[PDB]
Q: 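Following up with a structure containing avibactam (bound form).
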Amino acid sequence: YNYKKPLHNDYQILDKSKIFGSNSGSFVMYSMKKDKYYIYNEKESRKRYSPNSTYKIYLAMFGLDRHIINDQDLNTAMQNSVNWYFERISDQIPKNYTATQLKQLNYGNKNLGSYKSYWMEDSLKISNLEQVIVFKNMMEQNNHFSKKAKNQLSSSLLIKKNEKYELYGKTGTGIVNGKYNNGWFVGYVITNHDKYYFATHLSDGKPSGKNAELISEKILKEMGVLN
Ligand SMILES: *C(=O)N1C[C@H](NOS(=O)(=O)O)CC[C@H]1C(N)=O
């Protein structure tokens with residue numbers, strides 16, 4: 001589908017077409033302290049696509065919430081994006097639990113399909129704008145998931161840390177007919193002054209997860225988030 005729900009926020013319209021180059025897609029960010037959304041290419045940002053491996057964010061929370069993940073661990077599985085680990089979590093979660101969570105979280109079209117790898121170029125779809133809203137709300141507003149689980153997720157998503165910022169996120173790469181079809185990078189950044197949630201989606205050109213990550217870093221840098 002398309003995500004049609006209006007954004008009742010005075011959001012800033014960006015032009016990062018040059019950074020995207022030959023690639024088509026969108027970029028969305030949200031500043032906690034300013035309570036502000038920033039969007040490049042709002043039209044594309046509302047189109048729903050398969051989340052691919054970015055859905056491992058939520059499978060991890062479900063695994064922790066249901067004590068499937070206890071005490072190859074979460075960090076190695078997330079950082080190397082080990083598929084069997086997360087397919088097994090999904091297999092061990094009752095459907096109605098998942099359906100209930102996706103409804104409370106407002107995750108995209110909520111379509112679980114055959115309830116087997118439904119997040120990998122299949123039934124479940126979410127827009128780039130929704131990726132940011134949903135992730136921000138799950139971490140900052142949702143009180144069903146515990147802070148312990150949230151901290152374990154964050155530790156598994158940590159990519160960069162220095163005196164200026166901490167960068168967290170997860171890539172996704174959809175493959176169709178032997179080629180990139182769908183590129184994602186979803187995450188958040190903690191600086192000394194603010195916290196930003198963000199996501200880049202690539203629909204065409206060279207739409208790989210790594211390309212989405214690289215474009216994400218260039219945009220955040222250019223916007224001064226990494227200063
Ligand atoms: C997630 O999209 N996948 C699992 C694995 N990791 O993806 S990532 O490298 O972009 O983070 C490999 C690619 C992809 C898949 N369709 O298998």
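We count residues from 1, following the sequence as given. Values below: all heavy atoms of this structure, side chains included; hydrogens, waters and symmetry mates excluded. Order of listing sets the numbers, starting from 1, for every ligand and every atom in it.
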Q: Count heavy-atom pairs within 4.5 Å of avibactam (bound form) for each chain, then name the one with the most as UniProt does.
A: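 It sits in most contact with Regulatory protein BlaR1.
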Q: What residues, by chain and number, sit within 4.0 Å of avibactam (bound form) when only non-hydrogen atoms are counted?
A: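 The site of avibactam (bound form), heavy atoms only, is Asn52, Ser53, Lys56, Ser81, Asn83, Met120, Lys170, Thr171, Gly172, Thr173.
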Q: Need the avibactam (bound form) atom indices (1-based, order shown) with element for anything under 4.0 Å from a heavy-atom of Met120.
A: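 Result: 1 (C), 2 (O), 3 (N), 16 (N).
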Q: List every atom of avibactam (bound form) that sits less than 4.0 Å from any heavy atom of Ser53, numbering the atoms from 1 in the order shown and giving each element.
A: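 Near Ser53, meaning under 4.0 Å from one of its heavy atoms, avibactam (bound form) has 1 (C), 2 (O), 3 (N), 4 (C), 5 (C), 6 (N), 7 (O), 14 (C).
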Q: Give the residue and atom of any covalent bond from avibactam (bound form) to a chain.
A: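 As deposited, the covalent bond from avibactam (bound form) reaches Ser53 OG.
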Q: Do any nitrogen or oxygen atoms of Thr171 lie less than 3.5 angstrom from nitrogen or oxygen atoms of avibactam (bound form)?
A: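 Between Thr171 and avibactam (bound form) (N or O atoms, distance only) the closest approach is under 3.5 Å.
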Q: Specify whether the nearest protein heavy atom to atom 12 (C) of avibactam (bound form) is under 4.0 angstrom away.
A: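 Answer no: nothing from the protein, no heavy atom, is under 4.0 Å.
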Q: With nothing but distance in play, are any N or O atoms of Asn52 less than 3.5 Å from an N or O of avibactam (bound form)?
A: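 Not met; the criterion fails.
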Q: Report the nearest UniProt active-site residue of chain A to avibactam (bound form), with heavy-atom distance to 1 Å.
A: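 Per UniProt, closest by heavy-atom distance: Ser53, 1 Å.
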Q: Which avibactam (bound form) atoms are under 4.0 Å away from a heavy-atom of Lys56?
A: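 Those of avibactam (bound form) that fall under 4.0 Å from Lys56 are 4 (C).
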Q: What atoms of avibactam (bound form) come closer than 4.0 angstrom to any heavy atom of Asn83?
A: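 Heavy-atom distances to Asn83 below 4.0 Å select 4 (C).
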Q: Which avibactam (bound form) atoms, with their elements, are less than 4.0 angstrom from a heavy-atom of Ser81?
A: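 Contacts of avibactam (bound form) toward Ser81, numbered from 1: 4 (C), 5 (C), 6 (N), 7 (O), 11 (O).
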